Amino acid sequence: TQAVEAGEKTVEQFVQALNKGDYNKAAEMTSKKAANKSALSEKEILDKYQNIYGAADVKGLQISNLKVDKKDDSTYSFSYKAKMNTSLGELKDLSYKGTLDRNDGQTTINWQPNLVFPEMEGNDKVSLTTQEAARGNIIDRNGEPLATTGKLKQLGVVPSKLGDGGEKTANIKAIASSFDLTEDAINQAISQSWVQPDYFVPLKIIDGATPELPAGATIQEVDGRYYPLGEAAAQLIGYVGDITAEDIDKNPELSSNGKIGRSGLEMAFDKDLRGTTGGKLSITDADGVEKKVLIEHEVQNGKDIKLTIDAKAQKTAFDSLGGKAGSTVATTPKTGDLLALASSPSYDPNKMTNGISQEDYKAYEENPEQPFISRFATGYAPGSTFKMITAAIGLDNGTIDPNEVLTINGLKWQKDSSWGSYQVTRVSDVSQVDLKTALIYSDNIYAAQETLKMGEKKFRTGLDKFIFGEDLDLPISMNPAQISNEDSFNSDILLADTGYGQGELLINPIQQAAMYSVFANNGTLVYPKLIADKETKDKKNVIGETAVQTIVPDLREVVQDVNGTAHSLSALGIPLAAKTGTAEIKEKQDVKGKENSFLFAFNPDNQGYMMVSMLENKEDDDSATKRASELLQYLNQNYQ
Ligand SMILES: *C(=O)[C@@H](NC(=O)Cc1ccccc1)[C@@H]1N[C@@H](C(=O)O)C(C)(C)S1
């Protein structure tokens, strides 16, 4: 038994070397090639495993139920059960047998072809046939296609029919004029290092209509991933890329020919969309004589994913941003159905997944506005929109009397002389300001005063009833919203700033649409959902219904009153409750300030839709309220 324990370590270290992918170090643990010892040499075992295990993409070899006994003077027979992962799934309940040899203190392994697979007897071969799985589709709440594998048309060229010499550059310029392509790229694609005379070199995928083809131009019907809305849902949906050899080493269930989600929902639901690879793994005789089948199952196509998105809303919400930095979130606030999640500027996902040039991909990341960013998942200072939450908290704890009128003189104010030169600033110089007036003119001094009066203890007590710090159950990578950096402001100044949506607040537009949903459900927070079938989760009693029926009628006046900060929306003539905001951020790239324009709006009659729009680093006299006219008309018409 003093050497039997050393033998159980030899079997354990041998499986480790196989599982670690180092087939050579495993072969160095086998005996010499003989009839009673190992059946092959060390270099032959290396090529045997590397050729077989590599063909099935074998990874993760784990053993159990080891039993090492004795047999002869120097021979100890060993046995174990094993499981491993292949291109076609898990191979479980494998029975392995063999013998060891301790000719001295060292114990080696009498290697045998039955250690590659349980029943491989001698010069048996292994075959693998796989049927590739079709990637599932992503669809909106009405069945419209957002991400599908469609039939595309590809414009390529064959350099043999282009022309002799002068007629070749003429056809290269004639093809560049009939397809809006750089004429220097037509000669740069046919002169790549992989081109041969009679080869088909693709140029770019034709969108829709096929113009006249010049001398040596042809179209090849190819199938691939296709995104109908394109840039409008690029950040939400995402794109898929070619699966690499390094990808299969991580998860061998992938198809080495298929596509894999790289960002967005295509990556979040990569498992449910790629399906499962189908095929058969079998051991054979000397020829293709199929002996024993190890693994076999039919191919399974990918499940389709139905979103709460409305394609019409997503496209309108994106187009309303005009290519400027911003985002828009539209929900049915009673259920949380995310109707649209737009981000701008954006990238073309079809040119990204079919064939992007080495320079066009550099322009997307060198772009300072960062089109790759999902701005509906980025934390911001919510701005003056946050006064709704501050007021609703101040009404529940009774700190704010809706009819009490603070007397404010001027445009700057500070609590004590201990604030130095800092002062809360408001835009309108109204002498007598109550709750209704402060929400109309968007008065920061009013909000700052009532926050300081409320006290930090009573303030956070109302804030904690929301979703600050929580992780929403959404397939979108985001950070949880925060009140401040630490669990205490420890500054009268910072407490005031948090009252009107500045300070250390970080809330992304999706979380904002969640927190603001209380004003459409009588103080009940409705969690947003992107998957159509997920049950509606909610959070009761976030703010009192007293504050809802007080602020919601006031929010109508933000639109209806002639001095309201959203009066440009009165032209719609629809029932609207809104609240605008313009927060300022401290940009280190330039001393000039950068300011973001916000807009919250919903229907206070039927609560059928809720909207949160923003413009990051806005241009002069630009605002989210300016661009919301179109989306509000659609959401009011189609979601009562
Ligand atoms: C909230 O954003 C309020 N004002 C401020 O925070 C100060 C400020 C910052 C930049 C520009 C102007 C004022 C009020 N809300 C906005 C809005 O509703 O868009 C106003 C500009 C009306 S001031």
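If you read the sequence from its start, that first residue is 1, and numbering goes on from there. Heavy atoms only: backbone and side chains are in, while hydrogens, waters and symmetry mates are out. Order of listing sets the numbers, starting from 1, for every ligand and every atom in it.
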Any chance you know which drug is at ligand 1?
benzylpenicillin (bound form)
Which macromolecule does benzylpenicillin (bound form) make the most contacts with, named the way the PDB entry names it?
Penicillin binding protein 5
